[PDB]
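Looking at a structure with CGS-27023A today.
Throughout, chain A uses the PDB entry numbering, with the displayed residues spanning 106-263 in order. Whatever order the structure lists ligands and atoms in, that order sets their numbers, starting from 1. Side chains are part of it too, since the values below use all heavy atoms of this structure and drop only hydrogens, waters and symmetry mates.
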Amino acid sequence: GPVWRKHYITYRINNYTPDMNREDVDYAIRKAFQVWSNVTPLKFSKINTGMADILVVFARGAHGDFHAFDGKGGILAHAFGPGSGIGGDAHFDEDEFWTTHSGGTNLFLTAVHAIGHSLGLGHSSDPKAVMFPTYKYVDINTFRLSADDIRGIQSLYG
Ligand SMILES: COc1ccc(S(=O)(=O)N(Cc2cccnc2)[C@@H](C(=O)NO)C(C)C)cc1
Ligand SMILES: [Ca+2]
Ligand SMILES: [Ca+2]
Ligand SMILES: [Ca+2]
Ligand SMILES: [Zn+2]
Ligand SMILES: [Zn+2]
Ligand SMILES: [Zn+2]
């Protein structure tokens, strides 16, 4: 449905996974937002005071919405499309083991996908798109938005 009317957008990390150290969580999330700001007029800013447009939450099982997480494996993450309140928020399953690299579920890659939803994208049919609804680890230096991702997001934020 609706897209952000404004081009200045805040995010707050509600809480931290104990799987990675704090600085690595910040880094992953920052880099994930950068991916999208790189191809749009959107500007993202992290806050810890006031109210963020996008709340980033790590939680297991039932966590206050109607989409409970399911333990280790399966559902990794979900996010809500643009809007007030819960709109834009991105939730990560704490029962996953979040990693800077290949040996669990990579936070950066998962967050790029989740944030795509937070900005209003649905799933892609293109297996090389970040919005493809299958997790597959890629070298975070071999990482790139596909043409379908870029086309998609630019159709929303021209
Ligand atoms: C690359 O980033 C990813 C983030 C999340 C997932 S996810 O497996 O958790 N996933 C898609 C899915 C996969 C398999 C079977 N049913 C649903 C959720 C999803 O698409 N959330 O955004 C779905 C259950 C809502 C996969 C990849
Ligand atoms: Ca929100
Ligand atoms: Ca899970
Ligand atoms: Ca965990
Ligand atoms: Zn719902
Ligand atoms: Zn949730
Ligand atoms: Zn998804």
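The location of CGS-27023A, copies and all, is ligand 1.
Within 4.5 Å of CGS-27023A (ligand 1), most heavy-atom pairs belong to the chain that UniProt identifies as Macrophage metalloelastase. Using a 4.0 Å heavy-atom cut-off, the binding site of CGS-27023A (ligand 1) is formed by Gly179, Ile180, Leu181, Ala182, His183, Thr215, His218, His222, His228, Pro238, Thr239, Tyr240. Of the residues UniProt lists as binding Zn(2+) in chain A, a heavy atom under 4.0 Å from CGS-27023A (ligand 1) is found for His183, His218, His222, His228. From the protein, the heavy atom lying nearest to atom 2 (O) of CGS-27023A (ligand 1) is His218 CB, 3.1 Å. For the pair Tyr240 and CGS-27023A (ligand 1), the shortest N or O to N or O distance does not fall below 3.5 Å.
Taking any N or O of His183, backbone or side chain, none lies under 3.5 Å from an N or O belonging to CGS-27023A (ligand 1). Distance cut-off 4.0 Å; other ligands and ions near CGS-27023A (ligand 1): ligand 7 (zinc ion).
Taking distance alone, with nitrogen or oxygen atoms compared against 3.5 Å, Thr239 stays at or beyond that limit from CGS-27023A (ligand 1). Counting protein heavy atoms only, atom 21 (N) of CGS-27023A (ligand 1) is closest to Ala182 O, 2.7 Å. Remark: CGS-27023A (ligand 1) and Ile180 share no N or O pair separated by less than 3.5 Å (distance only, no angle test). For a threshold of 3.5 Å applied to N or O pairs, the pair formed by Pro238 and CGS-27023A (ligand 1) contains no separation below that value.
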Enumerate, one pair per line, all nitrogen or oxygen atoms of CGS-27023A (ligand 1) lying under 3.5 Å from a protein nitrogen or oxygen, stating the separation to 0.1 Å; write 'none' if no such pair exists.
residue               : atom   : partner : partner atom : Å
CGS-27023A (ligand 1) : 9 (O)  : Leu181  : N            : 2.8
CGS-27023A (ligand 1) : 20 (O) : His218  : NE2          : 3.4
CGS-27023A (ligand 1) : 20 (O) : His228  : NE2          : 2.8
CGS-27023A (ligand 1) : 21 (N) : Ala182  : O            : 2.7
CGS-27023A (ligand 1) : 22 (O) : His218  : NE2          : 3.2
CGS-27023A (ligand 1) : 22 (O) : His222  : NE2          : 3.1

